[PDB]
Each structure stands twice: as C-alpha cells, then as structure tokens.
Amino acid sequence: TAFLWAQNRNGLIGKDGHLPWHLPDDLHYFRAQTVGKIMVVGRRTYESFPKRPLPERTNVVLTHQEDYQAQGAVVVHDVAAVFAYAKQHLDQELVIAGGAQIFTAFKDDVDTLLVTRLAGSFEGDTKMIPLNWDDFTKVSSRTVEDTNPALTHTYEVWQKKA
Ligand SMILES: NC(=O)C1=CN([C@@H]2O[C@H](COP(=O)(O)OP(=O)(O)OC[C@H]3O[C@@H](n4cnc5c(N)ncnc54)[C@H](OP(=O)(O)O)[C@@H]3O)[C@@H](O)[C@H]2O)C=CC1
Ligand SMILES: CN(Cc1cnc2nc(N)nc(N)c2n1)c1ccc(C(=O)N[C@@H](CCC(=O)O)C(=O)O)cc1
C-alpha cells in the first residue's frame, strides 16, 4: 500500500477544499501512478475532482454518510471495507491518495511513499500527517524545474526499511 501526495516545502497539501497550487505536470504523474490501481480518497477530496469518477482506475470513496451516492465509484464506510475490497482484487495495487483524514486512517499500513515536493511555500489550511521518515529509505528522486520557481518539484519514492 502506497500513499501518494504533493506537498510544498513546509508540508502543506490543501487550501479551502482544493489544491493550494496548479501544477499540471504533477497531475499527469498522479494519473500515471493511479491508472489501473485501486485508488482511495476521502469523500471531500473525491467531490473536488473535476470528472468523478476519475477514469481507468477503481475510485474507492471513504464516507460516514450511509446514503452517499457516487455512480461508478466503490462507496465504503470504514477502513476494514477498503481492505475487504483489496483482498477481492488481488492483482490491483492499493494507492491512498488523500486527503489528511484518510492518510491518518491508513497511517499504519503504508509501505511506500510517492511524494512530490514543491520548492516553494503556499498558503493554505491542510498539511500532510506526520510520518516516521527515519523508517523509510528514498529509493528514487527525479527533479522537474518550472518557470514559476515555487513550482519546481521533485518526485520521490520512499520504501519502508525491514
Ligand atoms: N496536495 C495533495 O496531494 C492532496 C491534496 N489534498 C487536499 O486535502 C484537503 C482534503 O483533506 P481532508 O479535508 O482531510 O479530507 P479527506 O479528503 O480526507 O475527506 C474527509 C471525509 O472523509 C470521510 N472519512 C474520513 N475518515 C473516515 C473513516 N475512517 N471512515 C469513513 N469515512 C471517513 C468523511 O466523509 P463524510 O464527511 O462524507 O463522512 C470525512 O469528511 C483538500 O484541500 C484537498 O485539496 C487531498 C488529496 C491529496
Ligand atoms: C484535487 N486532486 C487531488 C490531487 C492532486 N494532485 C495530487 N498530486 C499527487 N502527487 N498526489 C495526490 N494524491 C494528488 N491528489 C485532483 C484534481 C484533479 C485530478 C485530475 O484531474 N486528474 C487527472 C489527469 C489530468 C491532467 O493530466 O491534466 C487524472 O486523470 O488523474 C486529480 C486529482
């Protein structure tokens, strides 16, 4: 199970229910990373997608609303249902795409971090959950420079030590 997120230099991930930046490169990397997999997102991050569901991947939406409707998405209500779905699934990798409340609900079962680090600093209200960095190794790092230098970013892959 992977977590996939983008954060500024201080860890910021969101502002007013939306992204605090607009960084197309990162969105085509998101898609690369989630097409074909089981993609888990919290109800509020799902309602912020411009097309719901996002196509070519299983969107699982985590909601406490018993009645919620999301045509074409897998609507569950606790973490045990996510993993009961993933157990049925097998051959699709599970990727937790946010936001903060869902990262906290899977904080013990993630093995890989797919982090995009922005060089700048943005204003918002939601930060990435604290994680033990010391328990992971950075395996891969690729940097993309943008003409807004706040937007220059690094894609890192981190994998959990034995
Ligand atoms: N920079 C980036 O990589 C990322 C950015 N973001 C940003 O993060 C913010 C969204 O984060 P946050 O506000 O934490 O929202 P979430 O996307 O994590 O959604 C929270 C909703 O999730 C449902 N929920 C939470 N935990 C549970 C549980 N254990 N079981 C079942 N339902 C659960 C509830 O929905 P209900 O209210 O329907 O009960 C709760 O309101 C936005 O600004 C967004 O843009 C989001 C993803 C990635
Ligand atoms: C708000 N949000 C959450 C979002 C944004 N960037 C992230 N970036 C990373 N690295 N990780 C995340 N979990 C992440 N989540 C969104 C908004 C749009 C789409 C979206 O349109 N994406 C298209 C691709 C489109 C583009 O390629 O212009 C997709 O097909 O995946 C994805 C996530």
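Chain A uses the PDB entry numbers throughout; the residues present, in order, are 1-162. All values below were derived from every heavy atom in this structure, side-chain atoms included, with hydrogens, water molecules and symmetry-related copies excluded. Counting starts at 1 for both ligands and their atoms, following the listed order.
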Match ligand 2 to one of methotrexate, fluzoparib, ricolinostat = methotrexate
Which polymer chain has more close contacts with methotrexate than any other, using its name in the PDB entry?
-> dihydrofolate reductase
Which residues define the site around methotrexate at a heavy-atom cut-off of 4.0 Å?
-> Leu4, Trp5, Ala6, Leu19, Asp26, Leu27, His28, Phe30, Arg31, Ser48, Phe49, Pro50, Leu54, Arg57, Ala97, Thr116
Atoms of methotrexate close to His28 [distance to a heavy atom under 4.0 angstrom, numbered from 1] = 26 (C), 27 (O), 28 (O)
Specify the UniProt domain of chain A contributing the most residues to the contact with methotrexate.
-> dhfr
Overlap of methotrexate heavy-atom contacts (under 4.0 Å) with UniProt methotrexate binders in chain A | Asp26, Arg31, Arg57
Which methotrexate atoms are under 4.0 Å away from a heavy-atom of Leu27?
-> 5 (C), 6 (N), 24 (C), 26 (C), 27 (O)
Provide the number and element of each atom of methotrexate under 4.0 Å from a heavy atom of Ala97.
-> 13 (N)
Numbered atoms and elements of methotrexate in range of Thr116, under 4.0 angstrom, heavy atoms | 10 (N)
Could you list which atoms of methotrexate come closer than 4.0 Å to a heavy atom of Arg57?
-> 29 (C), 30 (O), 31 (O)
Find the residues of chain A UniProt lists as binding NADP(+) whose heavy atoms come closer than 4.0 Å to methotrexate.
-> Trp5, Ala6, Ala97
Between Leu4 and methotrexate, does any nitrogen or oxygen pair lie at a separation below 3.5 Å?
-> yes
Quick one: which methotrexate atoms are inside 4.0 Å of a heavy atom on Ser48?
-> 1 (C)
Considering distance alone, does some N or O of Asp26 sit under 3.5 Å from an N or O of methotrexate?
-> yes
